[PDB]
Novice: 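What we have here is darunavir in complex with protease.
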There are 2 protein chains.
Amino acid sequence: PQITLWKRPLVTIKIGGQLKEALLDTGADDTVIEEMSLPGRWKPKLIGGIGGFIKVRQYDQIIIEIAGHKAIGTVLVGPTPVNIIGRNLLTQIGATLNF
Amino acid sequence: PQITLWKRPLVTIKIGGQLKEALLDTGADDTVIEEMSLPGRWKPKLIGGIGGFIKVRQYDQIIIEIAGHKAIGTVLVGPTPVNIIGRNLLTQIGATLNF
Ligand SMILES: CC(C)CN(C[C@@H](O)[C@H](Cc1ccccc1)NC(=O)O[C@H]1CO[C@H]2OCC[C@H]21)S(=O)(=O)c1ccc(N)cc1
Ligand SMILES: CC(C)CN(C[C@@H](O)[C@H](Cc1ccccc1)NC(=O)O[C@H]1CO[C@H]2OCC[C@H]21)S(=O)(=O)c1ccc(N)cc1
Ligand SMILES: [Cl-]
Ligand SMILES: [Cl-]
């Protein structure tokens, strides 16, 4: 699609066999999702935004469907107030900003 | 332009006589920058992100050039780690997210 920005750019995602929704966020370097179970080994990380830092679990090579488009990459899990799709996955679906 | 997301989508911004850069951020409702030169009195506001909530300085009716395009609207000054152009101004310059 072509998504205008009068409201938050939220899309349906599928991760871990579950349908969720997430914000398409060109300001986020990495994808961060609310607490859930994912396969494989994780590594502890910190991410910082407005507000300060949070503790997250880093899982690698996770399959996610974004608005019907498959992407595979790193997913961070932790206490974000909203699920966020960052640039590491937006690049895999060929998302662009246009003006 | 049609901007890919392999690196941060930074663009030139001009406010008054000051040339700066800022992140085009579809995940930000509001535009927030770290400093503006001699901008006068502000109105207090709070905003929240990953991390928690911060006090910012709200300024209305600011004329800002964003990647060559003129916008007029609200700019927040506060402790943001990177200057961000949020949706309140992205809509004025006709930006859309595409995939
Ligand atoms: C501040 C940015 C450079 C970075 N952030 C992405 C950003 O889009 C967040 C994404 C976001 C969105 C909602 C809640 C928390 C975080 N937006 C945000 O803080 O916006 C603030 C200004 O406008 C307001 O509207 C939303 C909150 C306020 S972030 O969420 O801190 C972040 C940082 C690192 C990663 N990997 C993922 C996310
Ligand atoms: C996304 C979180 C689950 C990540 N964890 C953060 C941790 O502080 C959580 C933060 C936390 C807090 C509440 C709910 C989930 C996670 N605490 C926690 O798991 O506490 C456990 C012991 O008490 C039990 O009750 C709460 C969960 C259990 S962590 O994996 O230990 C970890 C630690 C350090 C870093 N940098 C990154 C990750
Ligand atoms: Cl530019
Ligand atoms: Cl002043």
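All chains are named by letter (A, B, ...) in the order of the sequence lines, taking the proteins before the strands, and each is independently numbered beginning at 1. Counting starts at 1 for both ligands and their atoms, following the listed order.
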Novice: Where do all copies of darunavir show up in the model?
Specialist: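 Every copy of it sits at ligands 1 and 2.
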Novice: Which other chain letters have a heavy atom less than 4.0 Å from darunavir (ligand 2)?
Specialist: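 By heavy atom, the other chains are A.
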Novice: Which residues does the binding site of darunavir (ligand 2) contain at 4.0 Å, with heavy atoms considered?
Specialist: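 Within 4.0 Å on heavy atoms: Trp42(A), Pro44(A), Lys45(A), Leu46(A), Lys55(A), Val56(A), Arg57(A), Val77(A), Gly78(A).
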Novice: Among protein heavy atoms, which sits nearest to atom 36 (N) of darunavir (ligand 2), and what does the distance come to when rounded to 0.1 Å?
Specialist: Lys45(A) O, 3.3 Å
Novice: For atom 22 (C) of darunavir (ligand 2), state whether the nearest protein heavy atom is under 4.0 Å away.
Specialist: no
Novice: Under 3.5 Å between some N or O of darunavir (ligand 2) and some N or O of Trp42(A)?
Specialist: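 By distance alone, the answer is no.
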Novice: So which heavy atom in the protein is nearest atom 30 (O) of darunavir (ligand 2), and how far is it from that ligand atom?
Specialist: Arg57(A) NE, 2.9 Å
Novice: Less than 4.0 Å between atom 1 (C) of darunavir (ligand 2) and some protein heavy atom, yes or no?
Specialist: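 Looking at atom 1 (C) of darunavir (ligand 2), one finds that a protein heavy atom does lie closer than 4.0 Å.
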Novice: Please write down residue, atom name and distance for the protein heavy atom closest to atom 32 (C) of darunavir (ligand 2).
Specialist: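 Among all protein heavy atoms, the one nearest atom 32 (C) of darunavir (ligand 2) is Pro44(A) CB, 4.4 Å.
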Novice: Taking only heavy atoms of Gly78(A) into account, list the atoms of darunavir (ligand 2) that are under 4.0 Å away from them.
Specialist: 1 (C)
Novice: Starting from atom 8 (O) of darunavir (ligand 2), what is the nearest protein heavy atom, named by residue and atom, and what distance separates them?
Specialist: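 Nearest neighbour among protein heavy atoms for atom 8 (O) of darunavir (ligand 2), to 0.1 Å: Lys55(A) CD, 4.3 Å.
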Novice: Looking at atom 34 (C) of darunavir (ligand 2), would you say a protein heavy atom lies below 4.0 Å from it?
Specialist: yes
Novice: Taking atom 16 (C) of darunavir (ligand 2) as the reference point, report whether a protein heavy atom occurs under 4.0 Å from it.
Specialist: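 Within 4.0 Å of atom 16 (C) of darunavir (ligand 2), no protein heavy atoms are found.
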Novice: Please list, in number order, the atoms of darunavir (ligand 2) under 4.0 Å from a heavy atom of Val77(A).
Specialist: 1 (C)
Novice: Identify the protein heavy atom lying closest to atom 38 (C) of darunavir (ligand 2), giving its residue, its atom name and the separation to 0.1 Å.
Specialist: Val56(A) O, 3.4 Å
